[PDB]
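A structure with clonixin.
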Number of protein chains: 4
Amino acid sequence: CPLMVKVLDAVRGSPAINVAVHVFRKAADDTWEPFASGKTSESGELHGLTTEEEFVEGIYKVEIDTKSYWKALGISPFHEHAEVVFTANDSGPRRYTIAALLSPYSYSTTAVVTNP
Amino acid sequence: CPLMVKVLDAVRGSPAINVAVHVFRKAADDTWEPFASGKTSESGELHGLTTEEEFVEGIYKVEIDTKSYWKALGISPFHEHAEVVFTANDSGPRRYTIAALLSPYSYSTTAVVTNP
Amino acid sequence: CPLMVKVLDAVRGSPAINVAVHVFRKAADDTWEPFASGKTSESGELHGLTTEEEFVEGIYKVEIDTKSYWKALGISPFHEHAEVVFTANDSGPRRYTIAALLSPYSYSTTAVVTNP
Amino acid sequence: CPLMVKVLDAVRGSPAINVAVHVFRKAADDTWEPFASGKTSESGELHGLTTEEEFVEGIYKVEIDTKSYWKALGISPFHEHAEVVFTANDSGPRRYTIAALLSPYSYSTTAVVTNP
Ligand SMILES: Cc1c(Cl)cccc1Nc1ncccc1C(=O)O
Ligand SMILES: Cc1c(Cl)cccc1Nc1ncccc1C(=O)O
Ligand code: NA
Ligand code: NA
């Protein structure tokens, strides 16, 4: 699998567990079409979203449902969700990790792109 | 000025100047309607986007055009843009500062919310 | 004011008020000598730490007393403090803003450096 | 091993490879005594720094030698190093991951503390 998502909690110092993640691919008419989805594991990670054959070049959006995560902890958050929008490019390294670090009023996101 | 956007560059240690910003508001049919737009000044700040009268309750999306910023400086970055999606004014009028700190493969965003 | 410190709270979406800050400068025997100190105001900012005359070339350490900040709000955080260590004025006088964004188990820090 | 260090590069979107890391423990006279050290691997990770028997409660400092990392890439950085100072506590979960995300003029750090 060429795409993994990892989510961390900056308030508790822990993985962010059971967070819903939705991935979309941009269609030719500029709409966002559902591509893959899941929930983070006990390690904060979501594996197996796609395959090499399916993950062709194009623009993708990863939506992390942060508002529901904070509400289940009893904490009032700012954002509706965190959105990560990027182009997949076959020239570059082949494995994409999209990571996010969550606080109630802030988030940080980075990409780690590597070649096995 | 109940909505201000501030952008910093983590590579240069400077304000991020001339960054385009587009704000949208979710309409009653669930589409994103254009609401306001502008670009950051020499201080990295974008003022004057809206007014207390026009900035009603709603779900707003602040799109910060990070790719165009980096490409103008000769850098091929990861993200298409940074998107900040939040509900505003649901407990009455507030003042919002949306800030972002930019790197080629990462960004952080936070909100400062005050009650005038 | 060639040195300013700004601190934000990522849990509340607000300035971090009443945060103690201690600045040190490395001496010719390699020890950290006390240089200046203060606390952040209602805006999260600490002004007036030093002057253009006293802020000579050197290696400086800005210690932001994050643990004491969180403990006063009822939160047991991870870090003792946040430390920012940098060489200043090695190409002539500059103005430095040291900013930090705080969560219980995380912090981000960045510098804005300008030439007056 | 109860302590792991992980370092990421926000400019290149990659692990930060071959970064020197030094760990110190605070002594009774308030000085910092060398405890363990190493260099990050090709995955940006440094394993095997200590053992359960040796990693007793106390105050520790993790110094990440970011300045040398950026200089070897040809990039002028701001900080001398990144410093992470924290108390180890036997009550909490048993495995500490200290992670840092590096840019030339900024860094973010978080702790992930979990129980096997
Ligand atoms: C310091 C910082 C980090 Cl580390 C990350 C994101 C924004 C900021 N800065 C701000 N964020 C919100 C409002 C104001 C600022 C500022 O730096 O003036
Ligand atoms: C340490 C950190 C910060 Cl400070 C901010 C955002 C992500 C991370 N962590 C990661 N980011 C990307 C890929 C992996 C990780 C990780 O911590 O395993
Ligand atoms: Na309401
Ligand atoms: Na010089």
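Note: chain IDs run A, B, ... matching the order in which the sequence lines appear. Residue numbering for chain A follows the PDB entry, covering 10-125 in order. The residue numbers of chain B are those assigned by the PDB entry, with the residues present covering 10-125 sequentially. Using the numbering of the PDB entry, the residues shown for chain C are 10-125, in order. Numbering of chain D is taken from the PDB entry, so the residues present carry the numbers 10-125, in order. Atoms within a ligand are numbered from 1 in the order they appear, just like the ligands themselves. The figures here come from the full heavy-atom set of this structure, side chains too, leaving out hydrogens, waters and symmetry mates.
The structure holds clonixin at ligands 1 and 2. Of all chains here, the one making more contacts with clonixin (ligand 1) than any other appears in the PDB entry as Transthyretin. In this entry, the other chains with a heavy atom less than 4.0 Å from clonixin (ligand 1) are B, C. With non-hydrogen distances under 4.0 Å, the site around clonixin (ligand 1) consists of B:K15, B:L17, B:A108, B:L110, B:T119, B:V121, C:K15, C:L17, C:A108, C:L110, C:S117. The nearest protein heavy atom to atom 16 (C) of clonixin (ligand 1) is closer than 4.0 Å. Ligand-side atoms of clonixin (ligand 1) in range of C:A108: 1 (C), range being under 4.0 angstrom from any heavy atom. Ligand-side atoms of clonixin (ligand 1) in range of C:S117: 4 (Cl), range being under 4.0 angstrom from any heavy atom. The atoms of clonixin (ligand 1) that sit less than 4.0 Å from any heavy atom of C:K15 are 14 (C), 16 (C), 18 (O). In chain C, the residues that UniProt lists as binding L-thyroxine and that have a heavy atom under 4.0 Å from clonixin (ligand 1) are these: C:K15, C:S117. Of all the atoms in clonixin (ligand 1), the ones that sit under 4.0 Å from a non-hydrogen atom of C:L17 are 9 (N), 10 (C), 11 (N), 12 (C), 13 (C), 14 (C), 15 (C). Atom 6 (C) of clonixin (ligand 1) has as its closest protein heavy atom B:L110 CB, 4.0 Å. The source field of the entry for chain C reads Homo sapiens.
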